[PDB]
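Heads up, the thing below is written out as structure tokens.
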Amino acid sequence: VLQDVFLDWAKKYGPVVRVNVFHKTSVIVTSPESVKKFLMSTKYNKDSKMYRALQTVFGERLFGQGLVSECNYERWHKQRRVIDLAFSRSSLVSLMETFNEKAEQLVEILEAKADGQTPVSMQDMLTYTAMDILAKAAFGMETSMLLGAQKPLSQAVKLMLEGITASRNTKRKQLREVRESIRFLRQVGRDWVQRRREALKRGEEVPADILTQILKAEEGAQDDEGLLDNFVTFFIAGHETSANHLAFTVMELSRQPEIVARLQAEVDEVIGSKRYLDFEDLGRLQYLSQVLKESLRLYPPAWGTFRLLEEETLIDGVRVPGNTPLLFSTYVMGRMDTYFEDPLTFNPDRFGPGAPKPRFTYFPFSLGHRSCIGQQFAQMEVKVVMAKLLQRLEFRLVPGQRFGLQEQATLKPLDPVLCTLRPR
Ligand code: HEM
Ligand SMILES: C[C@@H](c1ncncc1F)[C@](O)(Cn1cncn1)c1ccc(F)cc1F
């Protein structure tokens, strides 16, 4: 795991280490005093050199200049202020119905296979769930991958992400398969953009969401190319890392029996046997919130971020040249024994009440102005999904499944989290 190499270099060579990342030179910064300085200021912005390859993948345009890949502060800020409207409190409150429908459906499908003998890929099951949640909450479209639909669309998503893995971490049938998949995603975008425009044209009123603001941001634009970039941006970002985070948690909780019981007890305490989980109930799931926090310390699907150091400056006694990308890693900091006592132990108590919150040593959703706009969206959906699983099902991991990480397009479980299921 490439990130695990950076960890050893940070522990051995100090808080300022020059590295090769995605065949580019960068400097890894691991002091929490330096994490604050660069991530908490508008002065420092993203380095276009590191995000450049994701904008266009294998000669085919992918993320473009969307909310993530746009490194120029001005172009990013204009669209951020518009897209922000889709992530308001009441905007996310209106998405609670969506979070609930999909979690409930996921559980029943798993409940029908719960015999304690039938292997079920939890990585796939959670991916479909995360995909269904996003497609509706963001675009008002149902993909129903959980019900076995949209098989070609999911394949394309997989291949695209493998194409990402081959692009930044460096045979012909794959190249052919990837190029088609990126077109497919953008073609779906065009179709879903046309469905909303036809709905608006025919007089219909549509509920405010993510799609509404990414259309609003590109108002008076010559073409829909920027809108597709933002469509791709959210289709991927709004399901992928949430799917991996869920998969990591389920995998780890298979070997944490004591933790599962208090999770169940809480689930029994606040949500009981109730089918629909309300918004006010989410904030009462404090221990679940803690367990998910620890899961993100050891297994952040997005390991960190890149800032551009424009002028040669001294960081922690080490002088770094200008035009250099600064690498920041919450994965690395999460596993260093100088920030976290006994780093490799899954201990949810780390984030308990009265316990000092990590000070610039833990940033799964990043920090500052370029932090995750979908943080609350994700935290809401993963509480809802996990709470329902804890209500209804007990999981036993299939013998032979490992507990490792694969550094792919994001960080995700090595094995697809195969489990035999049984009712609680
Ligand atoms: C466990 C869940 C997730 C994690 C850990 C995660 C991780 C992150 C991190 C670390 C960043 C910074 C990226 C960078 O600086 O290169 C980010 C930004 C982003 N996230 Fe998330 N995220 C998740 C959930 C979401 C979801 C559900 C959405 C979509 C609804 C979302 C959409 C975005 C977008 C569009 C950006 C760019 C924001 C901006 O720079 O203005 N993510 N994510
Ligand atoms: C994790 C990461 C990612 N996902 C899929 N392929 C490549 C990636 F880098 C992501 O940050 C998305 N993401 C953010 N919050 C949740 N998910 C991202 C970053 C830059 C980008 F140009 C596109 C992009 F999708």
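We number chain A the same way the PDB entry does; the residues here are 59-228, 236-489, in that order. Only this structure's heavy atoms are used, side chains among them; waters, hydrogens and symmetry mates stay out. For ligands, and for the atoms within them, numbers begin at 1 and follow the listed sequence.
The drug or drug candidate found at ligand 2 is voriconazole.
Counting heavy-atom pairs under 4.5 Å, the chain with the most contacts to voriconazole (ligand 2) is listed in the PDB entry as Cholesterol 24-hydroxylase. When hydrogens are left out, the protein atom nearest atom 17 (N) of voriconazole (ligand 2) is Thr306 OG1, 3.2 Å; that is the closest non-hydrogen contact. The contact set between voriconazole (ligand 2) and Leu112, taken as ligand atoms under 4.0 Å from a residue heavy atom, comprises 7 (C), 22 (F). Of all atoms in voriconazole (ligand 2), numbered sequentially from 1 with element shown, those under 4.0 Å from a heavy atom of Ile301 are 5 (C). Nearest to atom 24 (C) of voriconazole (ligand 2) by heavy-atom distance, out of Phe430, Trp368, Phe300, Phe121, is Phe121. The closest protein non-hydrogen atom to atom 14 (C) of voriconazole (ligand 2) is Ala302 CB, 4.0 Å.
Protein heavy atoms are found inside the 4.0 Å sphere centred on atom 1 (C) of voriconazole (ligand 2). For atom 8 (C) of voriconazole (ligand 2), the closest heavy atom belonging to the protein is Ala474 O, 4.0 Å. The option with the heavy atom closest to atom 21 (C) of voriconazole (ligand 2), from among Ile438, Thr475, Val126, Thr298, is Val126.
Against a heavy-atom cut-off of under 4.0 Å, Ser127 is close to the following atoms of voriconazole (ligand 2): 22 (F). The residues lying within 4.0 Å of voriconazole (ligand 2), counted on heavy atoms, are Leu112, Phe121, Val126, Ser127, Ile301, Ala302, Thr306, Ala367, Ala474, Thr475.
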Could you check voriconazole (ligand 2) for N or O atoms lying under 3.5 Å from protein N or O atoms and list the pairs with distances?
residue                 : atom   : partner : partner atom : Å
voriconazole (ligand 2) : 17 (N) : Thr306  : OG1          : 3.2

